[PDB]
Visitor: 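For reference, this is pteridine reductase solved together with methotrexate.
Chain A is the first sequence line, chain B the second, and so forth, proteins listed ahead of strands; every chain is numbered from 1. The figures that follow rest on heavy atoms only: side chains count, while hydrogens, waters and symmetry mates do not. Just so you know, ligand 1 is whichever comes first in the structure, and atom 1 is the first atom listed for that ligand.
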Amino acid sequence: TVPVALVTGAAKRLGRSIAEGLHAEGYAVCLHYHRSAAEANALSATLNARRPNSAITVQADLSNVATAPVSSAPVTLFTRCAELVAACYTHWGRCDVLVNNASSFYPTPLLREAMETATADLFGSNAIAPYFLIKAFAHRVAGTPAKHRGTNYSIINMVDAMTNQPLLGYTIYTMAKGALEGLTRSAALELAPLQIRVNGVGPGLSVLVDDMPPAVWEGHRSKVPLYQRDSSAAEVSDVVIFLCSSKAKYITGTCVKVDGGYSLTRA
Amino acid sequence: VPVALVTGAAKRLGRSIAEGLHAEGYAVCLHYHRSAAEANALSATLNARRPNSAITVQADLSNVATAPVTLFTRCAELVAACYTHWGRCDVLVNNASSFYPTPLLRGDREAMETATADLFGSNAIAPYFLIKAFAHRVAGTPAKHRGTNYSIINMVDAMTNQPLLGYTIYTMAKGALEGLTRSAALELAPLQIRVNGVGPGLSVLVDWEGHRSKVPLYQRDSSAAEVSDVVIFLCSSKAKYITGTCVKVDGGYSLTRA
Amino acid sequence: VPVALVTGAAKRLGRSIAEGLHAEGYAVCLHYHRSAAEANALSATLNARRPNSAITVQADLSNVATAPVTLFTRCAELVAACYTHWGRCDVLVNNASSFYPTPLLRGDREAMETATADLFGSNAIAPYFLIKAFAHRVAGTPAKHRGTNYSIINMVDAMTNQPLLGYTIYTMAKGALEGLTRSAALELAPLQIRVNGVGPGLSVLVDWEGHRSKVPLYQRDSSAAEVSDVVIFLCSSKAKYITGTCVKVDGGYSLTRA
Amino acid sequence: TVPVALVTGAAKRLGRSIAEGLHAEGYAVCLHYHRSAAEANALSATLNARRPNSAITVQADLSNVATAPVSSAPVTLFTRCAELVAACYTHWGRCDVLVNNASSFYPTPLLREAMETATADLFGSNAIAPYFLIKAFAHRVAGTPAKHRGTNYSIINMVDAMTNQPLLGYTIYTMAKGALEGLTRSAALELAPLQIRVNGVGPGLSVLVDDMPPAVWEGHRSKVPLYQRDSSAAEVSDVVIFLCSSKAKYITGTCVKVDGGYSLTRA
Ligand SMILES: NC(=O)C1=CN([C@@H]2O[C@H](COP(=O)(O)OP(=O)(O)OC[C@H]3O[C@@H](n4cnc5c(N)ncnc54)[C@H](OP(=O)(O)O)[C@@H]3O)[C@@H](O)[C@H]2O)C=CC1
Ligand SMILES: NC(=O)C1=CN([C@@H]2O[C@H](COP(=O)(O)OP(=O)(O)OC[C@H]3O[C@@H](n4cnc5c(N)ncnc54)[C@H](OP(=O)(O)O)[C@@H]3O)[C@@H](O)[C@H]2O)C=CC1
Ligand SMILES: NC(=O)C1=CN([C@@H]2O[C@H](COP(=O)(O)OP(=O)(O)OC[C@H]3O[C@@H](n4cnc5c(N)ncnc54)[C@H](OP(=O)(O)O)[C@@H]3O)[C@@H](O)[C@H]2O)C=CC1
Ligand SMILES: NC(=O)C1=CN([C@@H]2O[C@H](COP(=O)(O)OP(=O)(O)OC[C@H]3O[C@@H](n4cnc5c(N)ncnc54)[C@H](OP(=O)(O)O)[C@@H]3O)[C@@H](O)[C@H]2O)C=CC1
Ligand SMILES: CN(Cc1cnc2nc(N)nc(N)c2n1)c1ccc(C(=O)N[C@@H](CCC(=O)O)C(=O)O)cc1
Ligand SMILES: CN(Cc1cnc2nc(N)nc(N)c2n1)c1ccc(C(=O)N[C@@H](CCC(=O)O)C(=O)O)cc1
Ligand SMILES: CN(Cc1cnc2nc(N)nc(N)c2n1)c1ccc(C(=O)N[C@@H](CCC(=O)O)C(=O)O)cc1
Ligand SMILES: CN(Cc1cnc2nc(N)nc(N)c2n1)c1ccc(C(=O)N[C@@H](CCC(=O)O)C(=O)O)cc1
């Protein structure tokens, strides 16, 4: 049987490595994107060239805002999330794995309309959208006759090993990852009767090159105890792939740091 | 005369905190949403004990616009009310909180959206804006006239790490509130504003034998004072080196397993 | 008149805790190992303030036999000393602790063995036996005459989760002490004995700019009182619902990263 | 190249599944035992029959006590630990992985000579021995010319997902696993310059059958959220095997619970 994975924010960086890793194990993957349409579609062609009808793309703004319909009233985040899960059942009749990877990240310093949009985008992508996606995912397994349910349902939330040692100026982001840790434990307990495992993976510093200038990149990366560098995308994605595997079937409600020991440091 | 702003101060733990802060000598702003009678009464009682020592401000802390006025603005006005009235705000206790189920399994969408805005707003988004407004006011006060003992206390939950079945949005919001405690504690340290949490286990359940009987210490839920006295302590000059920490007040219930 | 047993009470934080407990009215047993002069002096000062309010007992708390006498026996005698003298022991503060490096990399074996016995004994094995002896005495006292406020405070470390390079045995012993706090808090709940921890960050470093300057709140280490006042609070009847918990007193240093 | 793993307490149950799992990946394994000599030696024959010269056995009491020499003065735990690591270099010239699995577990209620032996056995097996074994392991890699060091050194400590919700009456055991968590973080930081990763795996309830009578076994196992049963030995060992793999190379200083969500419960 060919299981299916829905990966949010899958066009590049960590999300693309998670989609590639799952595809390498045999999963058909639904690649969600927000602004990186070209990149998502290129990845999709690359995957379908390797194995036909093994990848599809779907667009969505996961911020906690209402959007205009694509054909009466404004569409809610809840609906958009339900439609992402639906795309998987419509195309392949199942959704075995959900990886909540999409996430906005920018400052919200404590010391007008921008603040409201930042709250909805940072909390929606990192926490409210994952909540609605898990709810739609669980509803679809619950509506599937037991004799037709898959045998290895897994949800992975991408959290952050370092949020307990806050990055100064990123309060809303930090709060939203703490809510995501709370969703991981609450959903793991609640969904355990359906055999749906829910776990987190929390990178420390990963693929810094694209986000920081040389000198800043060098300076951050030097404080990681193990290897004195940021991780590669595969160093993170291989752990997500292992948690979705049948070998990790007794693991639920846990968050695994993939941080090279950065959380063990002190100023 | 120091000033304390207590959210959800009309009754139960919020009332107990206001009383305790009032006994150490603070002037207290009693925020309420639906409990106007109870709020006004408490205020009258406190003013009877010591004139012009209590006021009341109403506000919905759900993350919704009202007749428009955003949540932020409402939060800022609550902080502005302490200044306007008494010219200062030294303590802030984020206690108001909605709490009911949001089951993952089994007009409905609109109610779901109201529930996320109410549970997330009261437990996390409002506390954030309140913290941001409190900070902005301390920063704007010339160093020479600042208070010497600014403390912000967030009421968390000792048991959210062992989730209550069917309360996901609430649990997620308390997790966001723990994050806010650590982040604001770090960022507001230069202004000497301490930010800490207090996490009750089972408290004032009546205001049940199945639940109470599982608490290791005393086999009962706590009284309101058993929690507010901890909150007053954290606000005292003696807990001056304590910041970014959450103190459980749960009789050992978090030490238990099924 | 309640009685407190403070280990490593001769100076620094231990001295500050004894002073603070003495000011709330407790009779205090001042344990010491090598600091006889300082211990005896403190005792004289306290007895000058209030007659027959302080004593001194010497004991090595390393996990070694002495001239044989085991550590357990020595621990039991320390508890027996409070009873013998004043007929009661209501509070126990496990503060004594050895702290020096045990590097993983780069007669030697005998010194390694002395180091494990001293660091593990003082920070964890002694506290265990002391707790076991304290419990045994409360259990043996007819319910009718027990105290009404038994508290055991273990001095932990807010920063052991971000280890100091080269102090493995010490870090492991503080981890064992956190375990003891939770286990004894759960097991001693029926006898109403509370067991909690207090974890300093950087305190009384002189009794350094590199270290101090990294503390978010105040950019300095704490004073002794900034830590002992927390310990006295936990021992007070007002923190009666608090059990099995560790309170950090670190100025936010545990919130930092390299 | 054939890497070597030293597994303590490897004769049965979880330890034997960890040794079997590592051997299946190609490692030569040194099987340490204390009282289960016959069982250790049988496993050793089974492994060597599958692949010659791939398994050896070594005996040792890991309690923090001195023992009589096997040929002047009484031998210390430190020496016995160093000799376990030495056995691997003597036989195969290397020791790539160390799994600290051996552990005593029995009550030490708070409410004569037995207490001293319990303290040394419970703290030695669960914490002091792991400390000395890691120290000997690190010393041997440090003494190996860099050009000859292996490329994937990993130490795994078996901890306990449930020690933060203490089992009534097991104080010394609980304290010793807390010290083992402290050793995991301290050693991960200190050894990171040598690229030696140190992580923990913490089962919840596993292979209960042998340790509990039917009715008690049934009652405990029913409180696990996921599956309402205790785990199998492989459900735990597959996670240890994954953490020793090159795919887990950016993970250090972390403890992964394998508990079916049991730590998420409350009384
Ligand atoms: N990189 C690192 O060091 C760290 C990573 N993590 C976590 O790992 C995960 C992956 O990290 P990384 O690859 O760096 O993440 P990115 O910052 O690269 O974001 C991944 C994607 O999320 C999407 N996204 C952002 N906002 C929205 C939105 N409003 N609606 C829908 N999608 C949105 C984007 O899609 P598009 O481009 O299509 O718009 C983007 O490509 C994240 O959850 C992150 O928080 C945690 C700690 C560190
Ligand atoms: N009680 C317990 O066992 C526990 C409590 N806690 C925490 O302690 C704190 C106090 O607990 P408790 O006293 O039980 O709290 P309540 O359930 O009694 O609520 C306190 C108050 O908050 C207010 N509130 C609710 N929704 C809103 C809203 N949308 N806008 C503004 N105000 C709102 C109410 O005001 P009004 O009545 O005026 O409308 C209410 O009186 C809470 O943060 C709670 O999560 C943690 C764990 C356990
Ligand atoms: N100071 C700090 O920054 C921090 C302290 N803490 C903790 O707070 C507590 C108090 O700290 P601090 O005041 O610095 O402690 P110290 O380093 O000053 O030691 C306190 C005392 O413990 C005693 N002691 C040491 N070894 C033994 C032994 N083998 N047997 C009996 N007694 C012994 C000593 O007694 P004598 O002098 O009479 O021999 C000594 O005065 C400790 O548990 C410590 O780990 C935690 C983090 C930081
Ligand atoms: N089973 C479970 O539910 C749980 C397991 N864990 C942990 O997982 C690991 C494996 O668990 P499990 O298989 O149940 O363990 P066992 O209790 O079966 O013990 C494993 C082995 O440890 C050895 N051992 C005990 N004392 C000593 C000693 N003094 N010196 C040397 N070796 C000694 C034994 O060797 P021999 O037989 O050769 O004497 C024994 O076979 C342990 O660290 C345990 O604490 C944690 C939580 C739950
Ligand atoms: C660790 N990290 C990498 C990084 C890149 N993309 C991500 N994307 C998401 N969704 N989540 C992350 N955690 C994330 N992290 C970082 C960390 C700090 C700064 C940095 O400090 N940047 C600010 C400035 C710092 C400040 O506000 O003081 C900037 O915008 O330049 C950048 C990237
Ligand atoms: C601790 N608590 C009291 C209580 C009362 N008011 C509060 N108010 C707020 N704001 N926050 C709280 N945590 C809170 N807690 C509890 C604890 C357990 C259950 C109980 O087990 N309840 C469920 C079961 C859930 C379900 O199956 O729907 C329920 O329906 O409430 C209720 C209240
Ligand atoms: C917080 N502290 C003060 C201090 C003083 N006495 C104590 N006494 C006890 N019992 N426990 C403590 N934690 C303690 N702490 C510190 C903190 C850092 C360093 C410091 O960085 N030191 C190293 C570096 C280690 C090395 O490379 O060997 C050292 O040699 O002590 C020293 C003392
Ligand atoms: C979860 N577990 C399985 C089990 C079996 N072997 C192990 N072996 C080790 N080394 N470590 C473990 N954690 C471990 N755990 C348990 C848990 C409780 C009891 C049980 O309660 N046993 C006591 C009695 C309980 C009590 O003392 O009150 C007994 O000896 O019968 C037994 C096994």
Visitor: What ligand or chain labels cover methotrexate here?
Guide: ligands 5, 6, 7 and 8
Visitor: Which other chains sit close to methotrexate (ligand 7), with any heavy atom less than 4.0 Å away?
Guide: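 Heavy-atom contacts under 4.0 Å involve C.
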Visitor: Can you check which residues touch methotrexate (ligand 7) if I set the heavy-atom cut-off to 4.0 Å?
Guide: C:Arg12, C:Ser97, C:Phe99, C:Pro101, C:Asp157, C:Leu164, C:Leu165, C:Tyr167, C:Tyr170, C:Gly201, C:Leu202, C:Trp208, C:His211
Visitor: Which protein heavy atom lies closest to atom 28 (O) of methotrexate (ligand 7), and at what distance to 0.1 Å?
Guide: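 It is C:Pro101 CG, 3.7 Å.
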Visitor: What residue, among UniProt active-site positions in chain C, has the smallest non-hydrogen distance to methotrexate (ligand 7), and what is that distance rounded to 1 Å?
Guide: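 Answer (UniProt active site, heavy atoms, 1 Å): C:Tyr170, 3 Å.
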Visitor: Help me out: UniProt NADP(+)-binding residues in chain C, which have a heavy atom under 4.0 Å from methotrexate (ligand 7)?
Guide: C:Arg12
Visitor: Under 4.0 Å from a heavy atom of C:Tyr170: which atoms of methotrexate (ligand 7) are those, numbered in the order shown and with their elements?
Guide: 11 (N), 12 (C), 13 (N)
Visitor: Provide the number and element of each atom of methotrexate (ligand 7) under 4.0 Å from a heavy atom of C:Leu202.
Guide: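 Matching atoms, with element in brackets: 1 (C).
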Visitor: In the protein, what heavy atom is nearest to atom 3 (C) of methotrexate (ligand 7), and what distance, to one decimal place, separates them?
Guide: C:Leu205 CD1, 4.1 Å
Visitor: Give the residue, atom name and distance (to 0.1 Å) of the protein heavy atom nearest atom 18 (C) of methotrexate (ligand 7).
Guide: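 Protein heavy atom with the smallest distance to atom 18 (C) of methotrexate (ligand 7): C:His211 NE2, 3.2 Å.
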Visitor: Please write down residue, atom name and distance for the protein heavy atom closest to atom 9 (C) of methotrexate (ligand 7).
Guide: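 The closest one turns out to be C:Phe99 CB, 3.3 Å.
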Visitor: Looking at methotrexate (ligand 7), does any of its N/O atoms fall within less than 3.5 Å of an N/O of C:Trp208?
Guide: no
Visitor: Answer yes or no: does an N/O atom from C:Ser97 fall short of 3.5 Å to an N/O atom of methotrexate (ligand 7)?
Guide: yes
Visitor: In terms of atom number and element, which parts of methotrexate (ligand 7) are under 4.0 angstrom from non-hydrogen atoms of C:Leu165?
Guide: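 By the 4.0 Å cutoff, the relevant atoms are 25 (C), 26 (C).
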Visitor: Run the numbers for me: atoms of methotrexate (ligand 7), each under 4.0 Å from some heavy atom of C:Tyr167, listed by number.
Guide: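 Numbered from 1, methotrexate (ligand 7) contributes 23 (C), 25 (C), 29 (C), 30 (O), 31 (O).
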Visitor: What are the atoms of methotrexate (ligand 7), with element, lying closer than 4.0 Å to any heavy atom of C:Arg12?
Guide: 5 (C), 6 (N)
